[PDB]
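Encoded as structure tokens, the structure appears first; notes follow it.
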Amino acid sequence: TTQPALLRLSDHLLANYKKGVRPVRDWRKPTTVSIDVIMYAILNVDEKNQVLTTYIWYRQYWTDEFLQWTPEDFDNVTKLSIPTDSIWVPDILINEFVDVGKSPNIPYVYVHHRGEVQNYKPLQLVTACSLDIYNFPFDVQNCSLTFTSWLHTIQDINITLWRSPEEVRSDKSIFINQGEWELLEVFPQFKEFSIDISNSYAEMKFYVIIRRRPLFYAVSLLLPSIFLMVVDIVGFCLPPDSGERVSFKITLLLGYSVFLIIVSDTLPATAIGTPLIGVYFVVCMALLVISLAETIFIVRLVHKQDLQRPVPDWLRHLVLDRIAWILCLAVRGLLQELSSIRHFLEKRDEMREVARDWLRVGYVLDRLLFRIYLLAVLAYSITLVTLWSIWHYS
Amino acid sequence: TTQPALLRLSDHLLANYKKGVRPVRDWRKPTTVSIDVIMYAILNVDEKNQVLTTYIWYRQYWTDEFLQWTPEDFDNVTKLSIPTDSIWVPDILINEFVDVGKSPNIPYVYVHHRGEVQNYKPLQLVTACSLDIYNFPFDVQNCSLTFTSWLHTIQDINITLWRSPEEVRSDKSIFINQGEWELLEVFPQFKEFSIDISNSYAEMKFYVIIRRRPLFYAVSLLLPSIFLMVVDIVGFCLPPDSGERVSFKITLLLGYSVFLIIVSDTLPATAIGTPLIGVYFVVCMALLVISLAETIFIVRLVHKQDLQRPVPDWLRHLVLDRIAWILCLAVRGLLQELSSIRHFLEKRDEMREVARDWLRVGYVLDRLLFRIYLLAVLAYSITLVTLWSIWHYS
Amino acid sequence: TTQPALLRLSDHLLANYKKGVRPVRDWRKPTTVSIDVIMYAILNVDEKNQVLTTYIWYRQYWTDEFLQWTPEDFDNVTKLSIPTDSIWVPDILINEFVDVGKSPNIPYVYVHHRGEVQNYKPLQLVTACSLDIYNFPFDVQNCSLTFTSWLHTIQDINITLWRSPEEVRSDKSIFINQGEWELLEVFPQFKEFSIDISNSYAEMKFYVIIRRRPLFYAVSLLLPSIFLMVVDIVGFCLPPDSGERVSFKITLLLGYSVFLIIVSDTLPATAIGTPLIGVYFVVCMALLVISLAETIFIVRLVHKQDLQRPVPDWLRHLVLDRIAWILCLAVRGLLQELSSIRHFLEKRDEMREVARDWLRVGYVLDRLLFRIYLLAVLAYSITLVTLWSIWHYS
Amino acid sequence: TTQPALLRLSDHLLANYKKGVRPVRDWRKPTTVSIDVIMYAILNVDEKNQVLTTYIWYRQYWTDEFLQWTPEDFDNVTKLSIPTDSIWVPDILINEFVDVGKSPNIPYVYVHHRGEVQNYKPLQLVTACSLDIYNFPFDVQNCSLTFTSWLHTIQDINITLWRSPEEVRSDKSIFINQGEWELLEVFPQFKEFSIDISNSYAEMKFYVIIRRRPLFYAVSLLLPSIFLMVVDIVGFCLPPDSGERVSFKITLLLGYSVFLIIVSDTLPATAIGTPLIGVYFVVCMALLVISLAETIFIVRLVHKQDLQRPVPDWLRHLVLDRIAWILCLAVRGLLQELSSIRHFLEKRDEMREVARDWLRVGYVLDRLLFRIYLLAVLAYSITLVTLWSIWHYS
Amino acid sequence: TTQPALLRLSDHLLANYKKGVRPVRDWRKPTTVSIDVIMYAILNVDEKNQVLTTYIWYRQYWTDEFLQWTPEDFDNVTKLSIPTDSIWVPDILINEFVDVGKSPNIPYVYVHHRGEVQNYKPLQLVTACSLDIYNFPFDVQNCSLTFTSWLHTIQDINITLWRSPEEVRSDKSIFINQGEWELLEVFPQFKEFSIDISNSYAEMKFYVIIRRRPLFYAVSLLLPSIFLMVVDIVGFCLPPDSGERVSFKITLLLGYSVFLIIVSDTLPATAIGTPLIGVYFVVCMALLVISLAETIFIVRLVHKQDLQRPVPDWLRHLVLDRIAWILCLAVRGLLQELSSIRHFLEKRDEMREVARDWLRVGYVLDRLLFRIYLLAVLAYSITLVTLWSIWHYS
Ligand SMILES: *[C@@H]1O[C@H](CO)[C@@H](O[C@@H]2O[C@H](CO)[C@@H](O)[C@H](O)[C@H]2NC(C)=O)[C@H](O)[C@H]1NC(C)=O
Ligand SMILES: *[C@@H]1O[C@H](CO)[C@@H](O[C@@H]2O[C@H](CO)[C@@H](O)[C@H](O)[C@H]2NC(C)=O)[C@H](O)[C@H]1NC(C)=O
Ligand SMILES: O=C1c2cccc3c2C(CCC3)CN1[C@H]1CN2CCC1CC2
């Protein structure tokens, strides 16, 4: 021989190698591939369509008895690059595909001098995992990735791991943070399933566990919710007989009904169960309609509508009690004329003294309903805080 | 001979095999493929464009007389992997395509030692089926998938089933739940049609039947609909002569007219027939304009506009009836001066006693219209419930 | 010879067949292709960009003198499948392309024993046709599809029809209904054009004619338009001196100005001419500003602003006419005191009797303007109906 | 020889033709391609991203000395079709690419008997040109297309034009009108640039000039702008002491503040300079806040707040001037009682005569501010018209 | 030999060249590629998904010992074009890929007569860099591009630079301005990293630094923010006892609550930290609720609700102080009748003189709260300006 290059090694291997035949001497021994993954980013989690988008890195290796030389007498060449096309490559796919992601192709593989080839490639994957929105800002997710052969049986292609499974779980090395989702754990599991007798299919399940960072939503839905409670505490200080107190409490009720609709499109509500913040917005209405349905009771109670004098059953029940429970011939002709004038004024006087008494009752009930409304907001806001400190601690 | 591998089998088959010729000995015998499907997910059901998106799995098998060896003397090899490119593959397409979905390709097939090849592949499909939105939250759909050869006639390619058709119907095995659509049944049917004499085309129709889960829409359109009825029950308790009762009933009517428009874009209305909830929102207006068009009648009836005394035809018709039907020289010079003063006061007195009487009539009609409005809402809400319990039961 | 298969026919044809050369014996005889189409669906009609999207089916056939055997002595084989790659295939494209639609490829053709090949393929096409929105819900469209060779001249490739043109026009066989567009007619036409001397290019024009179903828009723009006229008929029943009648007529005018903007994005207005419903919304404003600009005239007319007595020119012109046109020392010291008291009351009396008279005039004009406003709506709504019955009939 | 076909010409050329070598005898003579374009449609002009989308047609031709036969003795064949793959094809790209448009491929070229090949192909292109939004409805644009070789130098590939440049400018032949953009001119220009010594690169610049049709925006932003000026001319006719005049002028000011925001997303504002209609909407506010800030001055001026009598400095300045500038023991015991009654009435009389005088001043200023507001709108609307007639003329 | 062309050079090289083998004589010497980039445009910076889109140009060169001739005796040919397919091409990818951009392919390379090939290609890239929105209109970004081999180790492929790194930093030559992002610097850096022992991977990091032009957002969020402060300065000039002052201050508060929501979707808020303009909108509310919560205090203070006389503790504290701190038998029978009349009038007089005194106090507090509100806006607006002049200067 002569010394052209290392390329006469590359002629020695790929002269009679056939691309399609599965590379083994005896047809009973299965080819054993060995995979490994690393999470890189989490592009999109679509709650409505149950579709999760993920870019990962990937590598795998398998042995074969056709690409096998002796390293001596080929000028000590140990490894080698060979293009991906001219090598038998196994088909390993994800069961949970719903679409084909766009990923770069890598046109080279390694080949060691025992037959061990290696294959690095990245791949974007769009899968379909089941999500739960039972507790919306504070939620973990548990989506699956299932690597399997698509055609070959378990006496044909078998799947193990590159590294130990304890080392895969704590591999948070290149993951992109600052991106709405925090990666916790990548847990592998082997499992064999059979859809029929004498047809077994090996598979390998990776479980990813991600947790949403709740900080983005404590300003987008907590801030306008408590803000339309601090207005109604200001709103009760209007005296009820003015006329704008009814017009005040309907404007912001309109103003909050716009808020429930313009947010609900950006907050998803998928299958069984509603998110638990949706209950905590209905209670925001019941402290707002009851605030509306008591000023209707006072305006009806304090008005000038030629009404009767208030009842002494409910005068000493209210006025003299609640200041200590919580709060604190020509002569007779003109005499006929003058007395008729006084009769036209004294019934004008009588109609105003009656209207003072209901108006006196109407302020005592307004201060009394103002306190228990102030205690209903105060006892509700402390229950909201103590369910936030339990989660935040540990 | 020698013993290189099993690959000398792979050289024995694919040495003179021609890819394009249809593989049969006698040209009169038709090649019979045999298909099978399993639903996996339902990605999108677009009501407006009548387009349905679905990811399924798929397998098929056919015989041929060129790939046929004896298993003895090839070291007992029974099955084999061969790349998909070097084999005649029949063209089986869906008639209802409108676009090409993106699906992974599988580069291998099996070949048994009688000639039976097999072919597993997944495929995303976007079809065009006719949808009905006649009853929007409670609806089944009946979309079709039609597998057929695209070119060959029925004496060239014929289609049967892998499994029995009773086993295909009850195959809900890998379907993704928790996803807006519940799969009920996949029903197969064979049918032969001819577009011309001496040109018959076999086909195979799969019917899918899906049912929408109505739970997502009982919070997005039922809750604000009944909520703007519980405000108007509070709204009638304002006394009509105050002035804000007209301003109250127009604000929420504005507030509901925003609601009909911001929802109608997310609820589709396609061909013939409107959805039956659209009728049940027009009746929500007729209990809201009539609630508006009666407070206009009371405010016109109770006002100070130098009006005449109310008519005794309609005084004893109303006031004395409806409390039992439902509800319950210097002397004469000053005498000229004083009597003229009393005349200026007694007509001031007379104009207020007239205005008390209409004001008395105006409250009796307000309580009477409040009851039959309270019975119109009550008799309408029970009809809404009993049409929900009939569907929910069985 | 021996009897391997029919495949020795497939070796007899494709042994020396050259793919690129146009297949004819004498170079002067033109190759004549023959096309045919069937509409399948109409995916999208974008009015703004003048782009129309359509999925059709398609077939064509041509003769050639190289693929020509005798059916005797090849075991009577009449037709044959040959892959699409190894055959000269003519380039027939649409002139109106603006993009490339995604369509499945069909890898087989037929070949008869005279040389006639056939070629079935479906193809999605996005074209650019000119649309008119002159009458928006009731409109036909006339878009063109032009099949032509892209390179070859008319002495090289010539185009005729498969079927008679009378049979193509009435082929509504597989078209998907229930989809916003109704197909009427597919009309073919042959035409030869030359862009230069000695360079003629054959082409074939198909005209499609589609008609929009107007039912979807009689609920999305007719219903809120007439609904904000039935409120203003209720709106005039408020007495004008109350104070909310000005506040009533501005709220719904705000409420309709929101409606004109939130709809106009979903209703297109392209080149020359506005759609004729846009005129019928401006007239909806002129019956709404004039309804606003007359209650401003009454409130200015009926008010307490120390005004003068109304003019007897316009008292007998109005009050006594329009009830028949349409509607129906100590003594003198106290005498100095008492007469000064009466002078302070009689000018209080005089200022109210003046304010009764304008207030009397103000109600007669309000009933008179209420009738001719009720006749202006009534005479306008019957003109709207009779332009709907002319189109609906025939 | 024999007479198989014209195909022995196609064997004579492509037997030893090598695809990759640049086809010239002497390596010093440059290959000269010659291009030409025709605009077809303008799909999208994205102002925000500075990206312009265009579909054009394209053709080019070049000579080579390898594809060259004598037309005699090959049965007089002058031209020929050859597939695009087996020919050296130059790389001509656009410098302004930002993405790859989707365009059909044409698999054939012509070859004449001197060596001149020809090549027709259409191509969608997305470029990046700089746009100016300095005057939004009335604007021309000047975007560039630069055809150049991407690798070869100017002694390797050189670019000229097919036709004369005067004939290219006035080629508006197949352009799709009725589509928001009117094509004016396509102007070619040759230019040679060098990025380094001894490395020159030929290029060819086409300038397109397009003009927006402004008709679509005279109904989407001119009509609601002048419409909320004809309401405020009606709005001043309310008398100021009524109470709704303040509530009237705030509702439509709210109503126009919604309008500025819901439009500004559909009207772009890119780099340096704001569009000149944005100035003409700020002036629409200054005629609307000043209309608001003068009714605040009148309501403060006309009110009952136990105020003092108006000053005679400003009484004869206003009231007596502006009607000609623009507008036009028992006895004494009862005497103690009666005089005290008159004292309680005469100060009630005095407080109303003071309130008549400010109320008299308040109407004269309201008519005076109504005229100069009516002249400020009138003098502004004529300036708006005369800037529209200058552009519309020529 | 003869003289066919230069093409016998192209036959001399590519006769025995093998495409897949890495082209070096001795397998120990690494192949050294050398890259260079130029920014062209910045298409999109998506803050929410942390994805940045960029179109760049790119070139690289490497040596090999197989493509090497002597320029003498081949008619002095120095360089040459060879198609890209038939040459070993190294795999250089970006680590930060999340998708595959669409870019044109260049089918030619140069080859010099020493072995140096060259390769020009453009490529669109979508990467994933970490963004900070800590200060929203005034922000620089620091995103990375990392060119590396994907498979080969550092004794196999090594990466250096074409030009000096000082020349790459100041290369702003073809960058498209007028496009929301200004390019500052492109800084290169070499770094070697090892993921394992005996496996080192060379890489090359380019840092891009871009700065947002803040001019687009000084009209979209600064202008309506200060505009709803100039209305409330007009808003306090209404006298508080009128009745519309409460209705005025709630309409624009509704009007600004719409503004905070319709803008917050177009302004992103990603990971840790809120943008600093979000603090400067909360302070816009605290100058707006406090403006609301003081007119509630005045309306409660000035009202007719049969209240008591104001306290002389707080009369001389306020009224007599703040004008210098800041602001400036028949006889007795009628005597029984007449004195009873005077008693009915003098308590009518007394109830109005009490209501004058609170009304006098209520105006002095309104002018006093008007000044310190005018100083709170003035002292806040100057702090906003001086934080704009520090950034604008240098
Ligand atoms: C659609 O538009 C074309 C416009 O070209 C119509 O074309 C005319 O068709 C008639 C026959 O119906 C020919 O005699 C004319 O010469 C055509 N016009 C031109 C300019 O060539 C076509 O009829 C239209 N479709 C319908 C249904 O009216
Ligand atoms: C579009 O912009 C180009 C800018 O380069 C204009 O270019 C100039 O064109 C004139 C001839 O019309 C040349 O003499 C100048 O040298 C060009 N300028 C430069 C900087 O090279 C072009 O005219 C513009 N189009 C129109 C219609 O005005
Ligand atoms: O893909 C991978 C990859 C995939 C799976 C497991 C592991 C890796 C590593 C590191 C070891 C663990 C590196 N990498 C890439 C990083 N660099 C770019 C391509 C690889 C080599 C260099």
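Throughout, protein chains are lettered first and strands after them, A, B, ... in sequence-line order, and every chain is numbered starting at 1. Atoms within a ligand are numbered from 1 in the order they appear, just like the ligands themselves. Any value given below was found using the heavy atoms of this structure, including those in side chains, with hydrogens, waters and symmetry copies removed. Heads up, header says this was done by electron microscopy, 3.3 Å.
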Q) What would the PDB label the drug at ligand 3? A) palonosetron
Q) Which chain is the chief contact partner of palonosetron (ligand 3) here, under the naming of the PDB entry? A) 5-hydroxytryptamine receptor 3A
(Q) I'd love to know which other chains sit under 4.0 Å from palonosetron (ligand 3), counting non-hydrogen atoms. (A) A, E
(Q) Any idea what organism chain A is from, going by the entry? (A) Mus musculus
Q. At a 4.0 Å heavy-atom threshold, which residues contact palonosetron (ligand 3)?
A. A/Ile38, A/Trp57, A/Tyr58, A/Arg59, A/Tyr120, E/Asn95, E/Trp150, E/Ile195, E/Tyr201
